[PDB]
Protein chains: 2
Amino acid sequence: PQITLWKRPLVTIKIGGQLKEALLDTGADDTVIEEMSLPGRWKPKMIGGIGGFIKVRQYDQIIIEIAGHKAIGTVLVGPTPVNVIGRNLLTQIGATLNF
Amino acid sequence: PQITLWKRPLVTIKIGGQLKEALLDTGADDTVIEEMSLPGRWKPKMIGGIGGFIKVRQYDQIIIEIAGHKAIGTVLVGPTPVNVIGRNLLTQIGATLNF
Ligand SMILES: CC(C)CN(C[C@@H](O)[C@H](Cc1ccccc1)NC(=O)O[C@H]1CO[C@H]2OCC[C@H]21)S(=O)(=O)c1ccc(N)cc1
Ligand SMILES: [Cl-]
Ligand SMILES: [Cl-]
Ligand SMILES: [Cl-]
Ligand code: NA
């Protein structure tokens, strides 16, 4: 797919059998999703965005489908205002920016 | 170009006569630049992201040169940790996300 940017680049993701909406975000290093349950252990992480730092739960090697493409990697869970797919998983689905 | 996402997609921009580095950010609705002076009128705005909100100055009809391509639109100025080129200007340079 070729996604233009006149609207937010929102896609359907599937994580834990659940469909969610997420933003494809080239300005995010990491993928951050709103509070949900994920399996296994987590490790702490602080991430810094526009407004300041937040604490998140880091889950590694999580299976996630993004716009129909399978990825397996790190998912951060915390109080983000929107689910964002960051570069760690955009690279796994082969995404590039083009102009 | 085609920009891969293994690393942050940073580019050189020219704005208000100044060269700056900025992140090409599909997750940003609007372009946000670190504190600088710009000509003309402005109005206050609050914009929110992970960590919460910051107060910015909204300037309209600002020209920016992005990676050699000129674009005009709104630029927000304030205490952002990173300069970001958001969708409002990415569209004008014909940027797309492809996978
Ligand atoms: C959270 C998104 C919905 C919105 N953001 C754009 C986003 O790309 C930011 C842009 C960004 C980048 C660095 C620092 C602050 C903000 N990235 C970000 O917060 O990423 C976090 C998750 O991975 C990490 O890597 C980068 C920081 C972490 S935002 O910077 O808060 C923002 C909000 C509104 C406008 N107009 C412009 C930008
Ligand atoms: Cl990962
Ligand atoms: Cl604009
Ligand atoms: Cl177009
Ligand atoms: Na103006």
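One letter per chain, A onward, in the order of the sequence lines. Going by the PDB entry, the residues shown for chain A are 101-199, listed in order. Using the numbering of the PDB entry, the residues shown for chain B are 1-99, in order. Order of appearance sets the numbers: ligands from 1, and atoms from 1 within every ligand. So how was this one determined? The header says X-ray crystallography, 1.5 Å. All heavy atoms count here, side chains included; hydrogens, waters and symmetry mates do not.
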*Going by the PDB entry, what is the chain that binds ligand 1 with the most atom pairs under 4.5 Å called?*
Protease
*asked:* Any chance you know which drug is at ligand 1?
replied: darunavir
*asked:* OK, heavy-atom distances under 4.0 Å: which other chains does that catch around darunavir (ligand 1)?
replied: A, B
*Report the binding site of darunavir (ligand 1) using a heavy-atom cut-off of 4.0 Å.*
A/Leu123, A/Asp125, A/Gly127, A/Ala128, A/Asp129, A/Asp130, A/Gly148, A/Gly149, A/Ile150, A/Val182, B/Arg8, B/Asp25, B/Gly27, B/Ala28, B/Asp30, B/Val32, B/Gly48, B/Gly49, B/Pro81, B/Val82
_Interfacing atoms of darunavir (ligand 1) (cut-off 4.0 Å, heavy-atom, B/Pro81)_ = 14 (C), 15 (C)
*Considering heavy atoms of the protein only, find what lies nearest to atom 1 (C) of darunavir (ligand 1) and give residue, atom and distance to 0.1 Å.*
B/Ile50 N, 4.2 Å
*For darunavir (ligand 1), which atoms, with element, lie under 4.0 Å from some heavy atom of B/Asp25?*
6 (C), 7 (C), 8 (O), 9 (C), 10 (C)
*In terms of atom number and element, which parts of darunavir (ligand 1) are under 4.0 angstrom from non-hydrogen atoms of B/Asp30?*
35 (C), 36 (N), 37 (C)
*asked:* Quick test: of every protein heavy atom, which one is nearest to atom 24 (C) of darunavir (ligand 1), and how far off is it to 0.1 Å?
replied: A/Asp129 N, 3.5 Å
*Can you tell me the protein heavy atom closest to atom 19 (O) of darunavir (ligand 1) and the distance?*
A/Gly149 CA, 3.7 Å
*Around atom 5 (N) of darunavir (ligand 1), find the nearest protein heavy atom and jot down its residue, atom name and distance.*
B/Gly27 O, 4.1 Å
*Against heavy atoms of B/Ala28, which atoms of darunavir (ligand 1) measure under 4.0 Å?*
37 (C), 38 (C)
_Proximal atoms of darunavir (ligand 1) relative to A/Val182 (non-hydrogen, under 4.0 Å)_ = 3 (C)
*asked:* Using a 4.0 Å cut-off to any heavy atom of B/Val32, which atoms of darunavir (ligand 1) qualify?
replied: 35 (C), 36 (N), 37 (C)
_Please list, in number order, the atoms of darunavir (ligand 1) under 4.0 Å from a heavy atom of A/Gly148._
14 (C), 15 (C), 27 (C), 28 (C)
